[PDB]
Amino acid sequence: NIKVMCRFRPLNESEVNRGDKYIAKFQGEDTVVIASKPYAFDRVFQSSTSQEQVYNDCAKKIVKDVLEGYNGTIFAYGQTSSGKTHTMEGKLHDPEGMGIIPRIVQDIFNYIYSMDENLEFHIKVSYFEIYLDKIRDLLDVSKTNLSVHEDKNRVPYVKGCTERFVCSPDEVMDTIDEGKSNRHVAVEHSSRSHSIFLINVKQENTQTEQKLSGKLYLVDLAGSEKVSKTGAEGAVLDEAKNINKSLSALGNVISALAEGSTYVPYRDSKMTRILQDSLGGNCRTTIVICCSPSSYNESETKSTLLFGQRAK
Amino acid sequence: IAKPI
Amino acid sequence: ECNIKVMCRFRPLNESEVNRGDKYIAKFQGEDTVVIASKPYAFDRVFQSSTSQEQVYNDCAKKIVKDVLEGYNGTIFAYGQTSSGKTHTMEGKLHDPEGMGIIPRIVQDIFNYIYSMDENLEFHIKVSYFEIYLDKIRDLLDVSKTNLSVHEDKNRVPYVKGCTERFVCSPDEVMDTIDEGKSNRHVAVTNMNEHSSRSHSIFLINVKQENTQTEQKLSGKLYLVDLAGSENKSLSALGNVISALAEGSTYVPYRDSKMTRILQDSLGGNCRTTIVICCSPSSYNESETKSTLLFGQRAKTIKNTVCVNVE
Amino acid sequence: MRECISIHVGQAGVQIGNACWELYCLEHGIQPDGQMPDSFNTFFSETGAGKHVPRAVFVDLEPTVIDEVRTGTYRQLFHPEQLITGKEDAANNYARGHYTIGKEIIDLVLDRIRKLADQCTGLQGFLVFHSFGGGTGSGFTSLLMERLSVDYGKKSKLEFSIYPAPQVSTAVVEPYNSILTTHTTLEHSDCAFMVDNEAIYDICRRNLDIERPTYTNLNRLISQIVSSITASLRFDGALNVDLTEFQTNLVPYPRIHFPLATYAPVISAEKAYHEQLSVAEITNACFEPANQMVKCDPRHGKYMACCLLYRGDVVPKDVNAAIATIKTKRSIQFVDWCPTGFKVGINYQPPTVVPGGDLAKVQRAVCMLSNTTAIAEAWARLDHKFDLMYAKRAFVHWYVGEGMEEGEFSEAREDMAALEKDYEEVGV
Amino acid sequence: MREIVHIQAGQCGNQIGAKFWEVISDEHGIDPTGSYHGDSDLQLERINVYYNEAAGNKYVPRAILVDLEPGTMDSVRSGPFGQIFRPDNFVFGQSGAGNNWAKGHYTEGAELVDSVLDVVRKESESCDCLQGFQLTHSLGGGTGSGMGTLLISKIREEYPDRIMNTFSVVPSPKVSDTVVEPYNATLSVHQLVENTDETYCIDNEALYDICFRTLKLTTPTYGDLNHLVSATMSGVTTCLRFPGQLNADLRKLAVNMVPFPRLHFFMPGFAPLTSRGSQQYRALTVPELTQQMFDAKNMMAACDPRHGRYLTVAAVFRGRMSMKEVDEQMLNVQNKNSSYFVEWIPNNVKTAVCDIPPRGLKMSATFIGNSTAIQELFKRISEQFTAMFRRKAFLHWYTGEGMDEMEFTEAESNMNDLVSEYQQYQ
Ligand SMILES: CC(=O)O[C@H]1C(=O)[C@@]2(C)[C@H]([C@H](OC(=O)c3ccccc3)[C@]3(O)C[C@H](OC(=O)[C@H](O)[C@@H](NC(=O)c4ccccc4)c4ccccc4)C(C)=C1C3(C)C)[C@]1(OC(C)=O)CO[C@@H]1C[C@@H]2O
Ligand SMILES: Nc1nc2c(ncn2[C@@H]2O[C@H](COP(=O)(O)OP(=O)(O)OP(=O)(O)O)[C@@H](O)[C@H]2O)c(=O)[nH]1
Ligand SMILES: Nc1nc2c(ncn2[C@@H]2O[C@H](COP(=O)(O)OP(=O)(O)O)[C@@H](O)[C@H]2O)c(=O)[nH]1
Ligand SMILES: Nc1ncnc2c1ncn2[C@@H]1O[C@H](COP(=O)(O)OP(=O)(O)O)[C@@H](O)[C@H]1O
Ligand SMILES: Nc1ncnc2c1ncn2[C@@H]1O[C@H](COP(=O)(O)OP(=O)(O)O)[C@@H](O)[C@H]1O
Ligand SMILES: [Mg+2]
Ligand SMILES: [Mg+2]
């Protein structure tokens, strides 16, 4: 089923001197009210919550499902300086300062480090981005206009995508850094393209000769932008148009899945086309939206809250 | 060439 | 019914045979017929003392590489006394492109073929370094796993259990693995020379090639084994089994020692058999030369049955 | 002096302006070429050689109708730089008229307006003509209104809009544009008059005895109402009233500023005779539910303030008698907190006929501007249409495809609901 | 100022476009040699939409003709109005298409797409404000479907924010001339449903039925069908070159008529249509035209509108008429036939009125519909494809040019997804 999580952050020192104030008021642990308008979610975190609680309440079940022949998907949506990088990567070394991806890879390795020697596992990694409705490869700059097809069992995939092997989490972190060093980011570090990361974990039973394949999807959603209040010109305008249209299409797909409608518009955008296998049915997907409570950023906070609420 | 774990 | 190839490479004389005053009795009546003690000794292809490792590799190891690429197990075995030319034939000088023995040339050719075809096939490569010393099993990859037991499978062919498995993707990994094996061989061992002349080193390579679309399964086992000096329980078993097989009487006693069961696959089992006995033309070693020649020619009477490992 | 700046944006506004300027040129006796063979400075400026240039700016994103103006019968009147034209129309998209295509001629129109405003001494207000539902009339108007509010601000702004009808409609995505523009019209405007096609169609059917109306008749009626409004600034008479007194008499609270207009007596040439057309009859007929130009019956609501603008041969005794007769009635109910709910204006200038028109030469006419609580039903119907169409999110990919977020629709809906709640709560 | 680039690919497309150009030149009053002999200023006011200026008051159309055989080219060039086209815009090959989608789209079309794209680019950079692209082809052919699809993909790649409208002739159940038609139809729909802003579905069966029943014709040839198609194509975009009370561009029609990105398939129409000897007994009014337009036997697609509900209807009138009449008719048509329209979309019909009627009439109208009944045409095509794909019949010709079965499977899946989308709202 669909799970939508929202996280808030404590005000930084760089804005306390300007005298901003909290806008969000909490009720229980599942509702946040801004300007006397309730917003019901699945779970809301506060500033005092640590990373481990978020990981245990948002990622552990999906991480377990991947290693047992099933599939799952995790998104991440927010504006600049809203908590995206802290809740996703954070400090890549600290046992208490790591985000969600390092804990995911740590568990995905420490489970393999315990299942005897009668089982063999394989790990695959791919990293492709979506830019101007054209799929580019972050691990091979030669490829720039890859395509999407289907195999015999009509489960989509992207052909020509570079797919290397890994054996230790350090290699995973290194390839993550290399992939991030090729994305499109405007001038403080404003992302302008969606990113997709794939961890393929498959097991082959040496004795029983049974093969189980499981997939985990990591998606970093770019931020929707109200153009009229910014004054974008030229390429930035095209980027904003594409990002807004893609986010609207994804919202439509998720709403159609949640409401249990007969037809789900899986073929309205590239992003939903790729993730058709690990989105609906017996697939568990969790979405995390990060927001800032400072009154300086109330409008974008409301935009993020509305996008999260669209799923229901 | 593969590199299984 | 694949044939057993018996290969005879001669070596230059060492210092002790000159000190005895050896004469160059052996003469090549052709490249396969040789005369010692005024007696002919014909093999498949006899190499001279001046024969290079490159020439021996070109003449011998190509077919076994092709077979293991096809799916048939292959065996390369080295025999002789101490200072007969076994280890130097096996590796020689690995960093030297000329003196590199069977192992570096085989690795280079395997990687060349892999880089050449690179079709819609997947290859998984694993290596295990093994040793036998006074009938003691010890893996150098992990020192603690000693006194291991060789077990049996559904096909009832012997295999070692407990030996550490290490995948390889590039030749430098093979070189580092060999270096680590030798370094561990330097640990808990008093003298490398006496251990080499009184123990046995086993090099194992396994390959699993599978097509992506048709999904056919092809596997092959490669054995690279060097034994101790022929100048003993292991040698008693080897002599008895080779003489019985040449005579074709009773059976081959495999439970005499572990190396016998291990070589069951190599000798008479489901694996292509090809041995390269290293001989010396010295009269100081005319006894051991005669023993080696008789062993090889007796083994040449045996032909093996081998099937492709496809599942 | 007393001057106003006219802006016509979109096709509907441009054609309404065509009718309005025809009427004004007829009223002041100016030939189309601008030569006449002092009660005219409000809508024109002298050039020193006998030519007169009207104070109007024509803006459109499509070169079709402005090209009709450039080559029609009024090509020698307007200033060539007043008529401003783009390349591609809004295509019924709010975003295309707002930002995507708007940010290419808005600076030019701002410069033209500044050039016109510098030339006028006593600026009185703006008269913007646009339409609800179209891309240009709903999106491009918002940008211009925001820029004018930022620049000028204190000057009064009046708008005349064509509102969507209950059943008759032309476009398919009209509710979205109407909701967005009616959100934008509450922050910057001061008194917006709204009309619709269906009520004018019925008015033409009954009173004028015409069964096949077109757009020209509607434009003529709207121009007549605007001229009736501006007559007090143009000419002289007892009990005159200008814009600021209009706004201080007709707008009780800062948000209740959405009146509806009415004209009387709309009669034909054959029915011009056989009727007295007295002051009492004219006054009584203007409160009928069948003469309102917005499809909302005043009976299901209560008035707050209605200002009557008599023009022609009018004597105040008759006006007082008519007001007393209106007050003693029972069908129309006033709010208890407004004991005096009538504003009276009289002028000495009778209405002017246009040649080849359906209107008749009468000696007197009135224009009642009232803001009752009955205007909420049209907004209710439009909101219902919007929510029904937006439940499935149809035609939304076009709007979000031009750099527009999904939150604007919900925000505008919330603002409209707040407006309806405020209107109802102040009604009681 | 809002220019249009026209491309004709295949025999059917070439002949349809030739008839269309003759009709357009007659409407604007242009002699075959390219001189202007009109009788009004409104004709020359907006002549830049389809024509380019030349020395000595001569006009040449902005049209490009592409084919893989040199027979249709010099069949057109020797025709009544072949003297007006630009000679350098003729791009053609020598090897016939062979009724092979794979050949035209991969082998013999990849060696000629470069020249066609070059001449398109040279024509597209001489305009002031490009509006869109027009393409005429037929889905069941070999060069038509493949070449048009390749050109559409390339142009949508180069120009990403322009309207692409194509007028494609669709295969019919009971009228067919090719044995491998369903394969071509499906392989063309696979790309048309993705890289087209609005496409119009026409079939020969409905045109034959129109000629037989309404016009009472004796022996209808291809000329009458091409002429009807030219009439509706001319009536589609009359608001770009003539004034009117309500003006509707191409993008305005696209915004009003397309609720969701995939559903952009339309069935055109026209009115009035009477036989000679019966026009003197007909009253020409708005109600009569409205009744004729919404008749199930007047559409140019062999799908019964009664087996479905209209999503959006656009009706462009031409002539002098009252607006109240049009509004009242478009309201009472919906109210009287409520069960034939989508319930949750108010005002399913859009009105556009222009004040320049076609020569020789007083009133004319074009009907552009978007109904769920278009699913059954795709149903028939898909059933034929499934029947002929189990045995892999006639498949070694396509796989002999560099294709795969997975392409066929993907195209079938996409068409099934489209059918599922249309059925959902019924
Ligand atoms: C005396 C009179 O009024 O004659 C009419 C006529 O009788 C009818 C039957 C015409 C006639 O049309 C046909 O018979 C016909 C033939 C082939 C294909 C399609 C139609 C007419 O030929 C066609 C002709 O149409 C035009 O003149 C339009 O401008 C039309 N022109 C052409 O198609 C055209 C033909 C030849 C050369 C150049 C142009 C047009 C329509 C849409 C867009 C542009 C142009 C008209 C009104 C008539 C005749 C002459 C009998 C009809 O057709 C049209 C297109 O108007 C058939 O049903 C209508 C109703 C008309 O009343
Ligand atoms: N009174 C009157 N109303 C009109 C006229 N033309 C259009 N309308 C109304 O205006 C609405 C359509 O908006 P338009 O003004 O034509 O569109 P636009 O502002 O030009 O915007 P775009 O054409 O989309 O760029 C409908 O409600 C019409 O009924 C007219 O000439 N007179
Ligand atoms: N209206 C019309 N249809 C045609 C004409 N010629 C062929 N067709 C139709 O087009 C389809 C055949 O495709 P065609 O264009 O001849 O093949 P191509 O030359 O390879 O593109 C069939 O459905 C024919 O009925 C024509 O001149 N006019
Ligand atoms: N949950 C949190 N607790 C404490 N600090 C946080 C939290 N989330 C974000 N921050 C602080 O915000 C700073 C910048 O946020 P960042 O993740 O970089 O946002 P962005 O990636 O949008 O710039 C970090 O230095 C981090 O210290
Ligand atoms: N073919 C040869 N050419 C030159 N030197 C050789 C040759 N074969 C053996 N030797 C040298 O003789 C010495 C002993 O040989 P080695 O291979 O270690 O004997 P074994 O392994 O049979 O005990 C080594 O220095 C070796 O390099
Ligand atoms: Mg040795
Ligand atoms: Mg317009």
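Lettering follows sequence order; numbering is per chain, from 1. As the structure lists them, so they are numbered: ligands from 1, and atoms in each ligand from 1. Looks like electron microscopy, 3.6 Å, at least that's what the header says. In what follows, every heavy atom counts, from backbone to side chain, and hydrogens, waters and symmetry copies are set aside.
As PDB records put it, the drug at ligand 1 is Taxol. The main binding partner of Taxol (ligand 1) here is, in the terms of the PDB entry, Tubulin beta chain. At a heavy-atom cut-off of 4.0 Å, the other chains in contact with Taxol (ligand 1) are listed as E.
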